[PDB]
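Entry below: contains methotrexate.
Position 1 is the first residue of the sequence; numbering continues from there. These numbers come from the heavy atoms of this one structure, side chains and all, not from hydrogens, waters or symmetry mates. Order of listing sets the numbers, starting from 1, for every ligand and every atom in it.
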Amino acid sequence: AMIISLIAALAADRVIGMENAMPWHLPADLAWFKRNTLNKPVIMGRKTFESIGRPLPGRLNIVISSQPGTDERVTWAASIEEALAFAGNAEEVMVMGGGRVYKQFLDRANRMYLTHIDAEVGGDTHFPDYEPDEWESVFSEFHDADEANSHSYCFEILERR
Ligand SMILES: CN(Cc1cnc2nc(N)nc(N)c2n1)c1ccc(C(=O)N[C@@H](CCC(=O)O)C(=O)O)cc1
Ligand SMILES: [Ca+2]
Ligand SMILES: [K+]
């Protein structure tokens, strides 16, 4: 049973994106992202791959795009079907956005790695609205802002009932 997992950073009001990059500086979230995606296939949309600016080391990078990719260092998938097939027989595949990709994988996903950030950023792209009754929280860890992280943040792992 392949576990499909969504991993996302959510500001206030479920905001995940806006026109430009999110206005926060959270190296601790990037370290949590890295820890939870290493040695796993990682599925992302082409815009998210451009946001990163490079391949993610130590993991299988699967970028979904309708147009042919122009970077041989990652795996290019024309559809979510091709993306999942590229993940092979991995026990957990990580879906890291963006907004459209989250909507397409939500029904297939049985686990979520959510970072809740205490920032009212006023964005207009939101994480999909999921039913809270169908998910249960199995991990929770809170951190305050500090000299290195611009906002307080709460790591959470949810699993489908
Ligand atoms: C813009 N972007 C998308 C991004 C950012 N934060 C997230 N945070 C969470 N929780 N989930 C996501 N899907 C997510 N996606 C990025 C940008 C940089 C790196 C990155 O380089 N991360 C390094 C670690 C950070 C570093 O090396 O400086 C890695 O090895 O994964 C990842 C995602
Ligand atoms: Ca954006
Ligand atoms: K290659």
Give the place of methotrexate in the structure, all copies included.
ligand 1
I'm curious which macromolecule has the most heavy-atom contacts with methotrexate (ligand 1) - what does the PDB entry call it?
Dihydrofolate reductase
Can you tell me the protein heavy atom closest to atom 32 (C) of methotrexate (ligand 1) and the distance?
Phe33 CE2, 3.8 Å
Protein heavy atoms: any of them under 4.0 Å from atom 28 (O) of methotrexate (ligand 1)?
no
Using a 4.0 Å cut-off to any heavy atom of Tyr102, which atoms of methotrexate (ligand 1) qualify?
13 (N)
Touching methotrexate (ligand 1) at all, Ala8? Heavy atoms, strictly under 4.0 Å?
yes
Under 4.0 Å from any heavy atom of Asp29, which atoms of methotrexate (ligand 1) are there?
6 (N), 7 (C), 8 (N), 9 (C), 10 (N)
What protein heavy atom sits nearest atom 20 (C) of methotrexate (ligand 1), and how far off is it?
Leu56 CD2, 4.0 Å
What residue and heavy atom of the protein are closest to atom 17 (C) of methotrexate (ligand 1), and at what distance?
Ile52 CG1, 4.1 Å
Only heavy atoms of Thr115, strictly under 4.0 Å: list the atoms of methotrexate (ligand 1) that pass.
10 (N)
Can you list the atoms of methotrexate (ligand 1) that are under 4.0 Å from a heavy atom of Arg59?
29 (C), 30 (O), 31 (O)
Tell me: protein heavy atom nearest atom 13 (N) of methotrexate (ligand 1), and distance?
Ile7 O, 2.9 Å
Suppose we measure from atom 21 (O) of methotrexate (ligand 1) to each protein heavy atom; which comes out shortest, and what is that distance?
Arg54 NH2, 3.2 Å
Which residue holds the protein heavy atom closest to atom 25 (C) of methotrexate (ligand 1), what is that atom called, and what is the gap in Å?
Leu30 CB, 3.8 Å
Which heavy atom of the protein is the closest neighbour of atom 4 (C) of methotrexate (ligand 1), given with residue, atom name and distance?
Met96 CE, 4.1 Å
Heavy atoms under 4.0 Å from methotrexate (ligand 1): which residues of other chains qualify?
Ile7, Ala8, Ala9, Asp29, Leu30, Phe33, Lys34, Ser51, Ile52, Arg54, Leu56, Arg59, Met96, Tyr102, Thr115
For methotrexate (ligand 1), run through the N/O pairs with the protein that fall under 3.5 Å and put one pair on each line.
{"from": "methotrexate (ligand 1)", "atom 1": "8 (N)", "to": "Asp29", "atom 2": "OD2", "distance (Å)": "2.8"}
{"from": "methotrexate (ligand 1)", "atom 1": "10 (N)", "to": "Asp29", "atom 2": "OD1", "distance (Å)": "3.0"}
{"from": "methotrexate (ligand 1)", "atom 1": "10 (N)", "to": "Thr115", "atom 2": "OG1", "distance (Å)": "3.4"}
{"from": "methotrexate (ligand 1)", "atom 1": "13 (N)", "to": "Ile7", "atom 2": "O", "distance (Å)": "2.9"}
{"from": "methotrexate (ligand 1)", "atom 1": "13 (N)", "to": "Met96", "atom 2": "O", "distance (Å)": "3.3"}
{"from": "methotrexate (ligand 1)", "atom 1": "21 (O)", "to": "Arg54", "atom 2": "NH2", "distance (Å)": "3.2"}
{"from": "methotrexate (ligand 1)", "atom 1": "30 (O)", "to": "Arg59", "atom 2": "NH2", "distance (Å)": "2.7"}
{"from": "methotrexate (ligand 1)", "atom 1": "31 (O)", "to": "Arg59", "atom 2": "NH1", "distance (Å)": "2.7"}
{"from": "methotrexate (ligand 1)", "atom 1": "31 (O)", "to": "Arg59", "atom 2": "NH2", "distance (Å)": "3.4"}

